[PDB]
**Q** 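Have a look at this one.
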Amino acid sequence: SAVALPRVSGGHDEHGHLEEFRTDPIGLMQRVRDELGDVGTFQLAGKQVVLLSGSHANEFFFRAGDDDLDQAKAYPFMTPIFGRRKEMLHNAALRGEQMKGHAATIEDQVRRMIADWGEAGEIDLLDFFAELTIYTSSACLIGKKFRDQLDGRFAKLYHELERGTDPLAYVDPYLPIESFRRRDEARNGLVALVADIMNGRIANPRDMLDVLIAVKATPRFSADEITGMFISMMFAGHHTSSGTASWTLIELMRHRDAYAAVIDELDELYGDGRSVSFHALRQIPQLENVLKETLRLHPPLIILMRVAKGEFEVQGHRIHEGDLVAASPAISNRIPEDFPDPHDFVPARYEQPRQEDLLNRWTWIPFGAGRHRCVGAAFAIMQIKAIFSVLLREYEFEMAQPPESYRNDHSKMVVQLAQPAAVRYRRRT
Ligand code: HEM
Ligand SMILES: C[C@]12CC[C@@H]3c4ccc(O)cc4CC[C@H]3[C@@H]1C[C@@H](O)[C@@H]2O
Ligand SMILES: C[C@]12CC[C@@H]3c4ccc(O)cc4CC[C@H]3[C@@H]1C[C@@H](O)[C@@H]2O
């Protein structure tokens, strides 16, 4: 009875386009736009995904309220991981008055991570930034006391947790596969770590954990419940910040002229004698523009999803209740009409005379837009500023593998930098 929306080619595997989505999601999404335009679809197992692109369609997507396009059940792969949410789990730590302190905390975490680097050596970006961001996230979003009781084990387990987000979750988040088994085992390991910390606290007597432990119903929360809360407080900001930091360093190393400009700027700026806690909250133009361009080319979330709660018409095409509706920062961020030479790294794109990020309000979307725009955006930008203010003034970096060999692993809904990502460092002098 109802007219079928345009469908992208391919998708003849068991679960439609799901197999291709797991192997090359960006290529799939780009083909949707190339073949069909601003509104096109692909099949994700038993669900149809209406992929929107372009300013007009994206505006509809981002301005829609939860009453029209619901985000609530659009990300099933998160249910097994976690086991009003922002107000309860994110807002407190993100208040403006807390930022100065967070910048100092982040600076401290970076110095601790590079304390044993010495004069020269080599690191792997995924291993370094994944661990560093576990410490900045836990210290800032949960507590310094809590972070001090964490070590490499927590980071290793958290990573396996993130790897348990295969697209098969859209079939069922509890299917019997290896990645989901490891996901549950990883979560169980985190619960054990938290339980140990709790017993240590109780053993010999205040942060967030101290408060949660004292809540009663007989203790109201188990280690599993507390662990779920902590996992949720750090998740949205961990893989995003980890990856963005890695790609920021990669692009600087790939474009030494920009790297040189950032170095000169940092040296001049800190010449006033103020701390990172002062400068990370204020303008650092060249670095900020490198970050904006890095986010445009390497958005950590390549697809955003919603579930339609009613019927809507976008450019003559009708979206029906129950349809999965999506927008893609990966595709939108590179629309050639909006971003001249979209595949090139051009930080000048954001300088005062151009401001391509502000002019393309509905297509420059690494942080999303509208009602669900990233609430941690300011924190994330401040964190990159604080991290590189320390790293780039203390050390010099060079690629230890071909520039084109650095890449992301897109096999899971949670994008992660692929290994190896070898980089050499040497103290500046
Ligand atoms: C530069 C790194 C980051 C990027 C690129 C980024 C990007 C995004 C995007 C695109 C969304 C929208 C998802 C959707 O529309 O369904 C989002 C949501 C969110 N982000 Fe981030 N984010 C980053 C860092 C962070 C950090 C560090 C935190 C924690 C302080 C955080 C917390 C959140 C939360 C709580 C939401 C949900 C917002 C809502 O649904 O109302 N993000 N982020
Ligand atoms: C209010 C709360 C207990 C306190 C928790 C709580 C307590 C202190 C803190 O710093 C953070 C949180 C986050 C979650 C809070 C729970 C939400 C509800 O499920 C429950 O009633
Ligand atoms: C659901 C989420 C927004 C979408 C994120 C999201 C969106 C797309 C994607 O491919 C991966 C992720 C990973 C993290 C997700 C966030 C966890 C919550 O803190 C927040 O509400």
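The numbers used for chain A are those of the PDB entry, and the residues that appear cover 2-84, 95-216, 223-234, 238-449, in sequence. Heavy-atom basis, side chains included; hydrogens, waters and symmetry copies ignored. Per deposition record, X-ray crystallography, 1.5 Å. Order of appearance sets the numbers: ligands from 1, and atoms from 1 within every ligand.
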**Q** What drug do PDB records list at ligand 2?
**A** estriol
**Q** So, counting contacts under 4.5 Å, which chain has the most with estriol (ligand 2)? Name it the way the PDB entry does.
**A**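 The main binding partner here is Cytochrome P450 51.
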**Q** Students should be able to answer this: which protein heavy-atom is nearest to atom 21 (O) of estriol (ligand 2), and at what distance?
**A** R240 NH2, 4.2 Å
**Q** Starting from atom 8 (C) of estriol (ligand 2), what is the nearest protein heavy atom, named by residue and atom, and what distance separates them?
**A** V228 CG1, 4.0 Å
**Q** What residue and atom, counting heavy atoms only, is the protein's closest point to atom 16 (C) of estriol (ligand 2), and at what distance?
**A** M99 CG, 4.4 Å
**Q** Provide the covalent bond partner for estriol (ligand 2): one residue and one atom, or none.
**A** none
**Q** Any non-hydrogen protein atom below 4.0 Å of atom 18 (C) of estriol (ligand 2)?
**A**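 Flag for atom 18 (C) of estriol (ligand 2) set to false, no protein heavy atom closer than 4.0 Å.
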**Q** Could you check atom 20 (C) of estriol (ligand 2) against the protein and tell me its nearest heavy-atom contact, residue, atom and distance included?
**A** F241 CZ, 4.2 Å
**Q** Distance to 0.1 Å, residue and atom name: give those for the protein heavy atom nearest to atom 6 (C) of estriol (ligand 2).
**A** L229 CD2, 3.7 Å
**Q** Considering only non-hydrogen protein atoms, determine which one is nearest to atom 9 (C) of estriol (ligand 2) and report residue, atom name and distance to 0.1 Å.
**A** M225 CG, 3.7 Å
**Q** Any idea what organism chain A is from, going by the entry?
**A**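 Going by the entry: Mycobacterium tuberculosis.
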